[PDB]
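Bound state: Integrase + pirmitegravir.
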2 protein chains.
Amino acid sequence: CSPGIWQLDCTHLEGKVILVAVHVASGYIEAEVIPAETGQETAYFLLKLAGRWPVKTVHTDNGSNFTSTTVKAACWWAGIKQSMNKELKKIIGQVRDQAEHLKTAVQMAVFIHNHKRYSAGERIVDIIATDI
Amino acid sequence: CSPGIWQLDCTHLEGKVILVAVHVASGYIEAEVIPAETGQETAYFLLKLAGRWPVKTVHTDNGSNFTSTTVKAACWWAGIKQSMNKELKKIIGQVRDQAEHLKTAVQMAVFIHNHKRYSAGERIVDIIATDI
Ligand SMILES: Cc1nc2c(c(C)c(C)n2Cc2cnn(C)c2)c(-c2ccc(Cl)cc2)c1[C@H](OC(C)(C)C)C(=O)O
Ligand SMILES: Cc1nc2c(c(C)c(C)n2Cc2cnn(C)c2)c(-c2ccc(Cl)cc2)c1[C@H](OC(C)(C)C)C(=O)O
């Protein structure tokens with residue numbers, strides 16, 4: 001798929017919100033725990049993702065998340081335009097005993113996902129690099 | 001330089017702590033605002049960085065930051081072993097008026113730094129990909 005398409009969704013676990021970004025063409029994931037499922041957390045997350053990877057278009061399974069003027073401004077500033085969450089939840093449960101806070105287990109699961117085999121982290125760098 | 005060497009340092013601005021990670025061979029930066037300059041924030045940051053990029057060795061200008069058992073455990077789990085901050089502070093001041101919170105301005109400055117020209121974000125993907 002195109003090298004700039006990211007899918008972004010907000011999932012739940014242990015009463016907390018986990019925002020999951022997936023590089024469609026590669027399966028590479030960037031996920032974080034946020035205190036609330038607000039537009040301010042989404043906007044701030046998009047600004048982080050955009051500055052680290054080429055984010056050209058963003059898709060979601062809940063269009064209402066991209067309706068806040070806060071989120072639209074972030075998409076405007078970064079020049080952004082408009083399944084996997086169970087695989088991650090699977091990994092989180094496997095490593096959940098190794099961590100106290102859920103945020104730590106989430107990052108443990110992101111590490112495992114991106115580096116497990118080529119791997120998702122290896123495909124994205126090859127895709128983004130090929131396009132360059 | 002080697003494709004897995006990252007430099008990590010904790011800088012200050014507006015009474016808050018900004019942790020800055022720099023991919024030595026490329027100049028690519030990942031930076032975030034943390035509430036306090038504690039080992040728990042460092043460890044959690046390392047776990048995030050490691051899961052998104054190949055982090056093999058980490059250097060710092062303050063060795064005492066890597067002495068906490070909390071940080072050493074993160075380095076252990078992720079298989080990690082053991083100038084730029086002014087360029088970023090320069091960009092943060094330029095865009096500071098465009099944001100209320102310092103964390104937003106930091107990510108704005110990371111975006112600008114990595115994508116400004118090849119750019120730092122383009123060199124890192126070419127370096128990591130070449131090594132693959
Ligand atoms: C909350 C926490 N405290 C920790 C550690 C460690 C290793 C120590 C010694 N302590 C103090 C302690 C624990 N028990 N006692 C009696 C004292 C870790 C940790 C877990 C896995 C990895 Cl790879 C790396 C660090 C965490 C993790 O949180 C972060 C935010 C990452 C620090 C978490 O969520 O478990
Ligand atoms: C705190 C904040 N509130 C915001 C916005 C926006 C665009 C609106 C409308 N509001 C509500 C508002 C502001 N004034 N009034 C009277 C009502 C942004 C922002 C700034 C730059 C970008 Cl590219 C994208 C969003 C932020 C930033 O914080 C994050 C954590 C990113 C949300 C920040 O630090 O400025």
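Proteins come first, then strands; the chains are lettered A, B, ... in the order of their sequence lines, and each starts at number 1. FYI, side chains are in, hydrogens and waters are out, and symmetry mates aren't considered; it's all heavy atoms of this structure. Whatever order the structure lists them in is the order used to number ligands and atoms, beginning at 1.
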Q.
I'm trying to find pirmitegravir in this model - which chains or ligands should I check?
A. ligands 1 and 2
Q) Which other chains get a heavy atom nearer than 4.0 Å to pirmitegravir (ligand 2)? A)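 Heavy-atom neighbours of pirmitegravir (ligand 2): A, B.
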Q: Give yes if a backbone or side-chain nitrogen or oxygen of B/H101 is under 3.5 Å from a nitrogen or oxygen of pirmitegravir (ligand 2), and no if not.
A: yes
Q: Could you name the option among A/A74, A/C75, B/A105 that has the heavy atom nearest to atom 24 (C) of pirmitegravir (ligand 2)?
A: A/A74
Q: Select the closest option to atom 2 (C) of pirmitegravir (ligand 2) among B/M108, A/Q40, B/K103, judged by heavy-atom distance.
A: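 The nearest heavy atom belongs to A/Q40.
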Q: Nearest heavy atom to atom 34 (O) of pirmitegravir (ligand 2) wins, so pick from A/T69, B/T104, A/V71, B/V106.
A: B/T104
(Q) Within the 4.0 Å heavy-atom shell around A/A73, which atoms of pirmitegravir (ligand 2) are there? (A)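 Those of pirmitegravir (ligand 2) that fall under 4.0 Å from A/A73 are 7 (C), 23 (Cl), 24 (C).
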Q.
How far is atom 35 (O) of pirmitegravir (ligand 2) from the closest protein heavy atom, and which atom is that?
A. B/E100 N, 2.8 Å
Q) How does A/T70 reach pirmitegravir (ligand 2), if at all, at less than 4.0 Å between non-hydrogen atoms: by side chain, backbone, both, or neither? A)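 Both backbone and side chain.
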Q) Judging by distance only, is a nitrogen or oxygen of A/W77 under 3.5 angstrom from one on pirmitegravir (ligand 2)? A) no
Q. Which atoms from pirmitegravir (ligand 2) have a heavy atom of B/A99 less than 4.0 Å away?
A.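 Those atoms are 35 (O).
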Q: Report all residues and nucleotides of other chains within 4.0 Å of pirmitegravir (ligand 2) (non-hydrogen atoms).
A: A/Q40, A/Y44, A/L47, A/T69, A/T70, A/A73, A/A74, A/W77, B/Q98, B/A99, B/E100, B/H101, B/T104, B/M108
